[PDB]
Participant: 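Structure with apramycin attached for reference.
Order of the sequence lines sets the chain letters (A, B, ...), proteins ahead of strands, with each chain counted from 1. Each ligand, and each atom within it, is numbered from 1 in the order the structure gives. So this one's electron microscopy, 2.3 Å, going by the header. Readers should note that the entry appears only in part, and the reported contacts come from within that part. All heavy atoms count here, side chains included; hydrogens, waters and symmetry mates do not.
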Amino acid sequence: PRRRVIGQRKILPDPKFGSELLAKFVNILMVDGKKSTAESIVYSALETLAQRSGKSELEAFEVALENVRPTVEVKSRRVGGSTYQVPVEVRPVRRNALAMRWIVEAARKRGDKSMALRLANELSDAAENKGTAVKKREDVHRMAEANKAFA
Amino acid sequence: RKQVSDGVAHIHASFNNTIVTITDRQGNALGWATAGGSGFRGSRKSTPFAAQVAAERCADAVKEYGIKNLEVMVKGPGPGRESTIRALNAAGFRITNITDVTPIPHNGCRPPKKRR
Amino acid sequence: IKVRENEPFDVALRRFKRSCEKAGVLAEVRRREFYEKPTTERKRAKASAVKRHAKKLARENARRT
Amino acid sequence: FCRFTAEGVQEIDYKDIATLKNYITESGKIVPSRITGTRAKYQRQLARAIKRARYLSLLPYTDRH
RNA sequence: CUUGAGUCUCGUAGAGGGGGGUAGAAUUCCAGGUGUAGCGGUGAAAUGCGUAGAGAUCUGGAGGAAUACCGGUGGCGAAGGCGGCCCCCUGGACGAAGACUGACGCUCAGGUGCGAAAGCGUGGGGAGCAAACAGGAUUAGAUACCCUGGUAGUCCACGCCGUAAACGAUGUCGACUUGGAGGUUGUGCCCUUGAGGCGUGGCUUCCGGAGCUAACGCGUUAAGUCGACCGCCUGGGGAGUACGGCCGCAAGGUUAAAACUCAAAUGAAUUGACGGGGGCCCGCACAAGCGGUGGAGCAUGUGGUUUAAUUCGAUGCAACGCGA
RNA sequence: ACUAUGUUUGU
Ligand SMILES: CN[C@@H]1[C@@H](O[C@H]2O[C@H](CO)[C@@H](N)[C@H](O)[C@H]2O)O[C@H]2C[C@@H](N)[C@@H](O[C@H]3[C@H](O)[C@@H](O)[C@H](N)C[C@@H]3N)O[C@@H]2[C@@H]1O
Ligand SMILES: CN[C@@H]1[C@@H](O[C@H]2O[C@H](CO)[C@@H](N)[C@H](O)[C@H]2O)O[C@H]2C[C@@H](N)[C@@H](O[C@H]3[C@H](O)[C@@H](O)[C@H](N)C[C@@H]3N)O[C@@H]2[C@@H]1O
Ligand SMILES: [Mg+2]
Ligand SMILES: [Mg+2]
Ligand SMILES: [Mg+2]
Ligand SMILES: [Mg+2]
Ligand SMILES: [Mg+2]
Ligand SMILES: [Mg+2]
Ligand SMILES: [Mg+2]
Ligand SMILES: [Mg+2]
Ligand SMILES: [Mg+2]
Ligand SMILES: [Mg+2]
Ligand SMILES: [Mg+2]
Ligand SMILES: [Mg+2]
Ligand SMILES: [Mg+2]
Ligand SMILES: [Mg+2]
Ligand SMILES: [Mg+2]
Ligand SMILES: [Mg+2]
Ligand SMILES: [Mg+2]
Ligand SMILES: [Mg+2]
């Protein structure tokens, strides 16, 4: 905000794998405070990702995040009456936040039988760079490439 | 496609667009590129980045002449009067001298009226 | 303005960008982009002289710094 | 300070190109008296001599002839 | 008679004026070379220009206009105004020392002259800019602002006009009345030791004392203290208009009312408020997010419509699951 | 970039 600078809220890591990063992803996927329901969804989806990929849950998850993490984003800024989109380098913490949010929204959209199946499917397609979340990160990189004339 | 080893880089920088022209040291143009020609229509045409892209697009398509040393004659105001030179040096050219050739009258013709 | 460059290109670009700045070519161009009525030219010169009349002895104050 | 009043030159000669050069910039522009320290009387004589020398092509009007 | 006024001797600074000549930069155009798909323009565009070769770049040429830097609350001129350089003709100002004339002065109604820009007439010229005009935009409209062009005009000679916020909104002349900091231009003396110190003039800028002023502010360059003469004002509109006269080719200028109507119209300053003024700082104000409403059905409250009554009240935020 | 307007009259 204007003056008060925030100290980050601390997140307790996930039980099954003890990952700070994964616990955040459960939070991104949590709906209506049902963290138990969200925890099962990503725990189920992660283990089918493990079986259908070959690596561990964390390694498979990391691969999908890497293909979805953005590097540069646009922000509508102003000088006079300009309103250009300005490309800015994403800070590392926001890169993971954007990747997790993009994966979750893509997983919700791609209609399957279960959310864990939806999440597992989108997570796999992200690993091979075919997912809608990968599509959105391509659009962001494309959109920030067009407006690279501003800095 | 005769070989030229010594070229002149004319940067016509203006508030709306940047024109880069590589000539030999007798004035004959060998190749050219403009910010508005390299994409960058509208507001993106008048940015230093677009001028830098024009310098690259001009360094290439004149590479066939095999120029290695460039005089630089930058003319006019505009965002693309230093980005073009930096891009020219980044393109593998040895800049020999940089000259500002902006036409300055000595109280000659009357300029247009101020915009309101 | 006619800057022949020494070994480093970047220091030459600074030398050129400085040589132009002292020549005031950009200020020359921005002023000649449009016609200024002699009323405006005299009014601008007089206003500049008034502000150029900045008394440097006005720093005689405590201010509790 | 003013060199011309220091030596009591009393007429600035347009034919003295050597001393005329240290009153014009690299582009050939006449340097203001507020930079060279010349007095107003000699600055007017200096400008006339430089313009005369420019006409006789002993000094350049600009650096881009 | 010499103090005011003027003349002579020497010198100084100056965009002072008039008439010629000339230089460089730049724009435009013409011709050509290289070269290629854009250029140009804007908030964004489009009109426009461009493969019939644009724009860019280079060479040559033509022409007009204006003189970058110097350049300066610098200078000169009565004012309007005047700045590239050179020559010719020419005005004024100032300083030093004397000599000369001996109130020859000040002001000035009428009168006369000069008098920005625009405009007008005749003849030239015409690069750039540009009223008008055209097109493209913008917009509810856009007879504008913006863009692309573009005629008169802007330039020259001669002749008109005679007006400007022609302003310092401050008539001219003279005298007197604390200071400080500069600028410009002379001049005396002294250690000139070198651009210095101490005087003395002219013209200029800022600040400020007394005094004055409604206040702002002016303040030795007065809006202070006085004297001479002139011009002008008598509430706001009507109206600097009509009519008449004079002037003008015209545009119009100048001189200049009345009826009628109002109780104000004004100046300066103060407090606030406001600004598509500035600065600084805040707020789920944006930004970053999450979840909603606006669509459905129902509940409930409002309008309205209906009714015999649909009781009354709450209506921007701050009424509408509100009094209830 | 660029919007316009705000009926009359009181304490
Ligand atoms: C040197 N005196 C100046 C005078 O000079 C004028 O008459 C002189 C006669 O020889 C000329 N040499 C000069 O060229 C000319 O300009 O002009 C007036 C103008 C007037 N509006 C006021 O402005 C002031 C404002 O009223 C005020 O508000 C502001 N703060 C400061 C201003 N000076 O005070 C000055 C000052 O009295
Ligand atoms: C000695 N310094 C200076 C002197 O210089 C010359 O003085 C001598 C001649 O006399 C020469 N021997 C010397 O070599 C030379 O340097 O010229 C005078 C000129 C005079 N109008 C006045 O102007 C000032 C006035 O005070 C005033 O007019 C304005 N406010 C500011 C001016 N500078 O004060 C200076 C000052 O006295
Ligand atoms: Mg006698
Ligand atoms: Mg009279
Ligand atoms: Mg006359
Ligand atoms: Mg005229
Ligand atoms: Mg005429
Ligand atoms: Mg126009
Ligand atoms: Mg008048
Ligand atoms: Mg005037
Ligand atoms: Mg008056
Ligand atoms: Mg004062
Ligand atoms: Mg008064
Ligand atoms: Mg009349
Ligand atoms: Mg928000
Ligand atoms: Mg609803
Ligand atoms: Mg509805
Ligand atoms: Mg009711
Ligand atoms: Mg009611
Ligand atoms: Mg209306």
Participant: Where do all copies of apramycin show up in the model?
Facilitator: ligands 1 and 2
Participant: In this PDB structure, which macromolecule forms the chief contact with apramycin (ligand 2), named as in the PDB entry?
Facilitator: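 Most heavy-atom pairs under 4.5 Å are with 16S ribosomal RNA.
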Participant: At a cut-off of 4.0 Å, which other chains have heavy atoms near apramycin (ligand 2)?
Facilitator: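 The other chains with a heavy atom that near are E.
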Participant: Write out the residues of other chains lying under 4.0 Å from apramycin (ligand 2), heavy atoms counted.
Facilitator: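 Counting heavy atoms, the site comprises E:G182, E:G183, E:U184, E:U185, E:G186, E:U187, E:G188, E:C189, E:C190, E:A195, E:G196, E:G197, E:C198, E:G199, E:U200, E:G201, E:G202.
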